[PDB]
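Below is one structure, written out as structure tokens, with a few remarks after it.
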Amino acid sequence: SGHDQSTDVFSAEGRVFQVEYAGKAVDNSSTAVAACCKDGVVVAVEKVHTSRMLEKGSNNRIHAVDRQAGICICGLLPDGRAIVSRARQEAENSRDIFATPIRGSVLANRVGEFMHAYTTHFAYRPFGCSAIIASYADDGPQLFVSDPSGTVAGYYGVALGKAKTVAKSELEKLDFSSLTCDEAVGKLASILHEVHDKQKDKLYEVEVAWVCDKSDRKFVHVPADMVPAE
Amino acid sequence: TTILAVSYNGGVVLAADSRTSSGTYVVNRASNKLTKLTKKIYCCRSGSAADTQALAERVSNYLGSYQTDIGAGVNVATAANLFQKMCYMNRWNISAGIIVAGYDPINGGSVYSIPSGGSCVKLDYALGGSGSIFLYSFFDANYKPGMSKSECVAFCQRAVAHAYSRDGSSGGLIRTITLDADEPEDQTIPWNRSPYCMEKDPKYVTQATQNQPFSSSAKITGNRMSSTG
Ligand SMILES: *[B]([O])([O])[C]([C][C]([C])[C])[N]C(=O)[C]([C]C1=[C][C]=[C][C]=[C]1)[N]C(=O)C1=[C]N=[C][C]=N1
């Protein structure tokens, strides 16, 4: 009825549907995965190209927020670019005012309050996006996920997207304590080529990015020849 | 300008830098601020380079005309009352800080400090010039009275060198002379053989870490000296 038309309406049992309807925009989106590898964090996503003529590098869902942190989004691409352009502004404030790099748990708590502030007012709609904050600050390697409700949580590994239930069981076979960033790019990319089917889309490729001690604590994308072929 | 005069048992040790500077530019880097009045009485010379030069050669002509008419030696207290008379009746028109120090057989070594106000004070050691404000806490800690002639020379050369290291007005050479019962011995040590300089002071070797590299942590790791690393 009229109990699911905006954000400032609790249900008869205390639920907000426009937040929960925004969570179905992430569950119908492409598959995301991540891993914390005891000296860094590796994040991989699958770009579903809708045409053969797209340039390699188009629609990259991984964006660098600071030198040590970067947010990969899962859900709607243009809604997540408002989250990226906000968390960059949160990370520029700590460098310019407090003369310090932003911590991993503090950048994620600023993302979860920007995403929550658009779920409490009638004129605004929640994001169709789950943001994955991968950071390496002076509190070690961090891996956070902010859902459209504004809930942040530290993870060791995460699967998000359509086949987030099959890819979650594929993460339970990894270690995360002896796991390094050297092997996990080959492992996490091999999750995506097994969890995802080619009988719906013909064009699908993977985009991996890390931040670890080997890359001098810098959030970078891959050199193109480290990813497995298929 | 940093001028000073220190008394020992025999006589006095005059010490001064060598730089006249028009505000911010070094007009002369080999000035001589130790002015001869008589053979054993000199004066240090700070402030206006013209107003103190005209006083120093007006006193030195009254003082040599006095010595001929007397037929004996001039006391230092005589020469210090000719600067006080002139620096007081011209005190609104000149800028003159004078330190008069010398030797006479009656009183030994005498030091008179005549400031810009025109007063006269007889001292054991005197300080003067714009660089003298660095040397009060240096003489409160490092100066012990009753040194020899060879120790007062190496002290006053070490005293001026700490003064023109911090002062911008002062610098150049270090001109010293001793006035006692022997012949007046002068000595001019250069800048590159000065007893102190901050450029070779081993605690100012490490640069202050201002230009931090763009990094992931708050750990300060020194300046950035190259574009790559
Ligand atoms: B010393 O720096 O005070 C020096 C003493 C002088 C008697 C030999 N004076 C000067 O260097 C002055 C400038 C000054 C600096 C600081 C306080 C008072 C005066 N120099 C000159 O007067 C000068 C400037 N241009 C040309 C010639 N003389």
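Chain labels are A, B, C, ... in exactly the order the sequence lines appear. For chain A, we keep the numbers from the PDB entry: what you see runs 6-235, in order. Sequence positions for chain B are given in the PDB entry numbering; the residues included correspond to 55-283, in order. Order of listing sets the numbers, starting from 1, for every ligand and every atom in it. Side chains included, hydrogens not; waters and symmetry mates left out as well; all remaining heavy atoms used. Excerpt of entry shown; contacts counted in excerpt.
The compound at ligand 1, a drug or drug candidate, is named bortezomib (bound form). Measured by close contacts, the chief partner of bortezomib (bound form) is listed under the PDB entry as Proteasome subunit beta. Lab note: other chains with heavy atoms under 4.0 Å from bortezomib (bound form) -> B. Entry annotation: chain B, source organism Leishmania donovani. In the structure, the covalent bond to bortezomib (bound form) is made by B:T55 OG1. In this structure, the binding site of bortezomib (bound form) at 4.0 Å (heavy atoms) is formed by B:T55, B:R73, B:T74, B:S75, B:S76, B:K87, B:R99, B:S100, B:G101, B:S102, B:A103, B:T106.
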